[PDB]
Colleague: 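Here is tolcapone bound to Transthyretin.
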Amino acid sequence: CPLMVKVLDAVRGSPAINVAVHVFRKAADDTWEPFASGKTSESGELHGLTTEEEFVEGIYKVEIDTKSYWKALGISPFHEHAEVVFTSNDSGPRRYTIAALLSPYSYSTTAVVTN
Amino acid sequence: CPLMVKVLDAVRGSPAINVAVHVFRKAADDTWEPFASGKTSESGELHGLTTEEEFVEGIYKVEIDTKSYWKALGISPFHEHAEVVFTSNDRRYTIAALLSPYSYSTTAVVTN
Amino acid sequence: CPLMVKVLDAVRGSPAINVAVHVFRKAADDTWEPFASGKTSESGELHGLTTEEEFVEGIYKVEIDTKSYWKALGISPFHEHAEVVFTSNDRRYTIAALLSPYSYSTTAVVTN
Amino acid sequence: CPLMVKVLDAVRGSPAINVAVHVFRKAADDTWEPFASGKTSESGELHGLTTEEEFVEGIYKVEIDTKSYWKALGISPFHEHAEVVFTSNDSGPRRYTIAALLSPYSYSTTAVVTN
Ligand SMILES: Cc1ccc(C(=O)c2cc(O)c(O)c([N+](=O)[O-])c2)cc1
Ligand SMILES: Cc1ccc(C(=O)c2cc(O)c(O)c([N+](=O)[O-])c2)cc1
């Protein structure tokens, strides 16, 4: 799989488990169409979202349902979600890890792109 | 102004100057309607986007054009932009973003 | 003042108020000598730690007492403190720290 | 191993490879004594620093030589290093991952503590 999503919890110091993740691809009509989704595992990781065959160059959106996660922990959050929007680029083989570190009023995201 | 946006550059250790910022508000038909826009100043700050009267309850999206920023510095970054989406239930909101080519962070400082 | 420290709370979305900050400078014998200290204000900012004349070239450590901050809020955090160690080769330095119980970030904004 | 260190590069979007990492334990004389060290792998990870037998409750410092890393990339950095100082706590089994995300003028660190 060319795309992994990993979510961590900065309040509890733990993987963020059972977080819903939705991936969209930008369509020619310039709207976001759903592509793949899942929930993070006990390790905070979400594997198997797509395939090398399916994950062609394009503009993608990864939406992480952070609000439902904090609501389940009883902590008032600021953001409705975390979005990561990026253009994929075939240039040799590549794997993308989208990692997000969550706090109730802050999040960070980084992309680790490896061969 | 109840909303201010501050953008910093974690590569240069400087304010991120002249960054385009667009604010949208979700309408009754669930579409994103344009609300306000501007550019960050020499201090990295964008003041005066809206007023207390205009900034009613609702769901807002702040879109920071980080890609154009990095490309102007010769860097091809990962993200198309940095988004912040939030509900206002009411206060002053500062939306701060810290930028690197393959990472960004955003935090909200909400004071009264 | 050439050095200002700003501390924010990523759980509450607020400035981190009354946080203790200690600054050290490395001496010729490679020991850390105390240089200045203070507490963050209601804005999360600590101004006036030093002066242009006192803040000479050298290696500095800013130690932010994040543990006492979280414990006062009922949280047992991971880190004993947040450190920033840097060389001044000269300018205004803003050292900003964003705090969560098991994570912190720090950035330097260096302007002229 | 109860302690892992992982370092990522936010400029290149990659693991931070060959970064030196030094671990110290606070001694009774209240000075930092070296305990373990190594360099990050191609995955940005440093495994095998210590053992469950050796890693007793105490105050630890993890020092990451970020300055040498940025100097090797030709990018002027702000920090001399990144330090993570923490007290370990036996409370059921525990593994600590200390993760650091590096930029030339900024770094973040988080602890992922799992069973
Ligand atoms: C934005 C951000 C900053 C730090 C982390 C972070 O702590 C982390 C931890 C891991 O175990 C790990 O494998 C990765 N990774 O490979 O992306 C990141 C995660 C996200
Ligand atoms: C996500 C993140 C992390 C760190 C910063 C940050 O470093 C920062 C720096 C400032 O000078 C400053 O005035 C503020 N602020 O007002 O909140 C934040 C900004 C954003």
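Here is how names work: the chains are called A, B, and so on, in the same order as the sequence lines, proteins then strands, and each is numbered from 1. Counting starts at 1 for both ligands and their atoms, following the listed order. Note that these values count all heavy atoms, side chains included, but never hydrogens, waters or copies made by symmetry.
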Colleague: Which other chain letters have a heavy atom less than 4.0 Å from tolcapone (ligand 1)?
Modeller: A, D
Colleague: Just wondering, which residues come within 4.0 Å of tolcapone (ligand 1) on a heavy-atom basis?
Modeller: A/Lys6, A/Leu8, A/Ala99, A/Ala100, A/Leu101, A/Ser108, A/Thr109, A/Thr110, A/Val112, D/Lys6, D/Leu8, D/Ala99, D/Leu101, D/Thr110
Colleague: Could you list the atoms of tolcapone (ligand 1) found under 4.0 angstrom from a heavy atom of A/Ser108?
Modeller: 1 (C), 2 (C)
Colleague: Considering the heavy atoms of A/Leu8, write down every atom of tolcapone (ligand 1) situated less than 4.0 Å from one of them.
Modeller: 5 (C), 6 (C), 7 (O), 8 (C), 9 (C), 19 (C)
Colleague: For atom 13 (O) of tolcapone (ligand 1), what's the nearest protein heavy atom and its distance?
Modeller: D/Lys6 NZ, 2.6 Å
Colleague: Identify, by atom number and element, the atoms of tolcapone (ligand 1) in contact range of D/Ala99, meaning under 4.0 Å from any of its heavy atoms.
Modeller: 6 (C), 7 (O), 8 (C), 9 (C)
Colleague: In tolcapone (ligand 1), which numbered atoms sit nearer than 4.0 Å to a non-hydrogen atom of A/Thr110?
Modeller: 1 (C)
Colleague: Return the organism named as the source of chain A in the deposit.
Modeller: Homo sapiens
Colleague: Give me the residue, atom name and distance of the protein heavy atom closest to atom 3 (C) of tolcapone (ligand 1).
Modeller: D/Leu101 CD2, 3.9 Å
Colleague: Would you mind running through tolcapone (ligand 1) and noting each atom that sits below 4.0 Å from a heavy atom of A/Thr109?
Modeller: 1 (C)
Colleague: Which residues of the UniProt L-thyroxine-binding set in chain A does tolcapone (ligand 1) share, counting a residue if one of its heavy atoms lies under 4.0 Å from it?
Modeller: A/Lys6, A/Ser108
